[PDB]
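Structure containing AR-42.
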Amino acid sequence: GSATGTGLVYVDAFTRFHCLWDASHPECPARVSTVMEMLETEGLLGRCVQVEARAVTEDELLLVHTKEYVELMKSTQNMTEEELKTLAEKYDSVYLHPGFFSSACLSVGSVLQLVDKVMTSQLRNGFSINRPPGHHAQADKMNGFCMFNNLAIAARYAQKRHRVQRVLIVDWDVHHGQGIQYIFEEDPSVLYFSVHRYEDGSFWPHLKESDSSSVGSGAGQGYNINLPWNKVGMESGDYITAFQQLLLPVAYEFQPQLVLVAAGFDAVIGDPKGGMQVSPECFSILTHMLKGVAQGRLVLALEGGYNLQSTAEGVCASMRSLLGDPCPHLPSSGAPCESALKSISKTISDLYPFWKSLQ
Ligand SMILES: CC(C)[C@H](C(=O)Nc1ccc(C(=O)NO)cc1)c1ccccc1
Ligand SMILES: [K+]
Ligand SMILES: [K+]
Ligand SMILES: [Zn+2]
């Protein structure tokens, strides 16, 4: 395929690691194989341009991560199960496996491949069907099922290799991507928007900096936007309203040259962790709402999502929009609930001093 195409990256290596000490761990290889099977069954896979993965290089990793941390992660490939468990336990909410590092390197590289093809007009947009996820990973630590911060690396790579000046990262996973926030906290060239379950800190990762008062600092003040949900059960209308009132006006003002999406599907109805009630079809609309900016240069990368069917359906819905199919009518009312409106209004109050579009 070519310029007006939608890229897809998937490699069998993404199934080559799993939790050795918890057979019920939610972050498991079926997450990606099920997505690929549904894309095929739906006839969507054959409409995409198959893009090869590549392994990230050390220098690419060092755009975000420390040399000491990269070397330590590299060494996990030669550690016994006991050593892997001891190291994993020094971080919050991670496991390790002898194949984790190799898959993590292909996970980062998959996004870089799509950035290359989108930025050079060889594709319109794309989706990497990758695990492990990335948005919690930090400069010198694993966190939240993540080793390397796929999208943070991709953003800095777009700036370094393709000389992009402004990148928008949209994170619709149900969890706050605090790793992305930290990496870009002082950086006005990367705008980070996250909508996430918070419940006044009750929900993991339990961080005060996941609240909307965290707007970035220094030159980056105004370029970090958190939308915390404080009740479970949010629906499509809550997300669409947030995008319409808050994200889209800011995004147009920011004028990004590339949009990267932390495309988790743990907010979809049925997810065992997220507690939300978003229909998979909503993600067709959310994807569509991001395509009118950055010349449509839009790259999605899989983050969380743990109900195999719900996550596969959410990926398929997003892919239909990437491919240009007209959006479905959504049955649920587009009106947001009172709690969602309260969070949106609060985030707007915290960000209005930095965005003319919010005044
Ligand atoms: C104890 C509990 C708090 C922990 C957990 O839920 N973690 C977690 C972190 C990140 C994501 C995600 O999807 N981020 O995008 C999802 C889940 C956990 C760990 C192991 C097995 C089950 C549960
Ligand atoms: K999020
Ligand atoms: K930022
Ligand atoms: Zn998540």
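Numbers in chain A track the PDB entry; the residues on display, in order, are 58-416. Below, each value reflects all heavy atoms present in this structure, side chains not excepted, and no hydrogens, waters or symmetry copies. When a ligand or atom number is given, it counts from 1 through the structure's own listing order.
The location of AR-42, copies and all, is ligand 1.
Of the chains in this structure, the chief binding partner of AR-42 is, as the PDB entry puts it, hdac6.
The set of residues with a heavy atom less than 4.0 Å from AR-42 is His82, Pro83, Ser150, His192, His193, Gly201, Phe202, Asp230, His232, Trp261, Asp323, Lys330, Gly361, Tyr363. Counting protein heavy atoms under 4.0 angstrom from atom 2 (C) of AR-42 gives zero. Contact atoms of AR-42 toward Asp230: 14 (N), 15 (O) (distance under 4.0 Å to a heavy atom of the residue). Considering only non-hydrogen protein atoms, atom 15 (O) of AR-42 sits nearest to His192 NE2, 2.5 Å. Protein heavy atom nearest atom 22 (C) of AR-42, with residue, atom name and distance: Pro83 CD, 3.8 Å.
Those atoms of AR-42 that come under 4.0 Å of a heavy atom in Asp323, given as number and element, are 12 (C), 13 (O). With respect to atom 14 (N) of AR-42, the closest heavy atom belonging to the protein is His193 NE2, 2.7 Å.
Summary of contacts: the protein heavy atom closest to atom 17 (C) of AR-42 is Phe202 CE1, 3.3 Å. Checked against a 3.5 angstrom limit, the closest N/O atoms of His232 and AR-42 fall inside it. Of the protein's non-hydrogen atoms, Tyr363 OH, 2.6 Å is the one closest to atom 13 (O) of AR-42. Distance cut-off 4.0 Å; other ligands and ions near AR-42: ligand 4 (zinc ion). Within a 4.0 Å radius of atom 20 (C) of AR-42, the protein contributes at least one heavy atom. Backbone and side-chain nitrogen or oxygen atoms of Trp261 are examined, and none is located within less than 3.5 angstrom of a nitrogen or oxygen of AR-42. Looking only at protein heavy atoms, the nearest one to atom 6 (O) of AR-42 is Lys330 CE, 4.0 Å.
Nearest to atom 5 (C) of AR-42 among the protein's heavy atoms is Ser150 OG, 3.7 Å.
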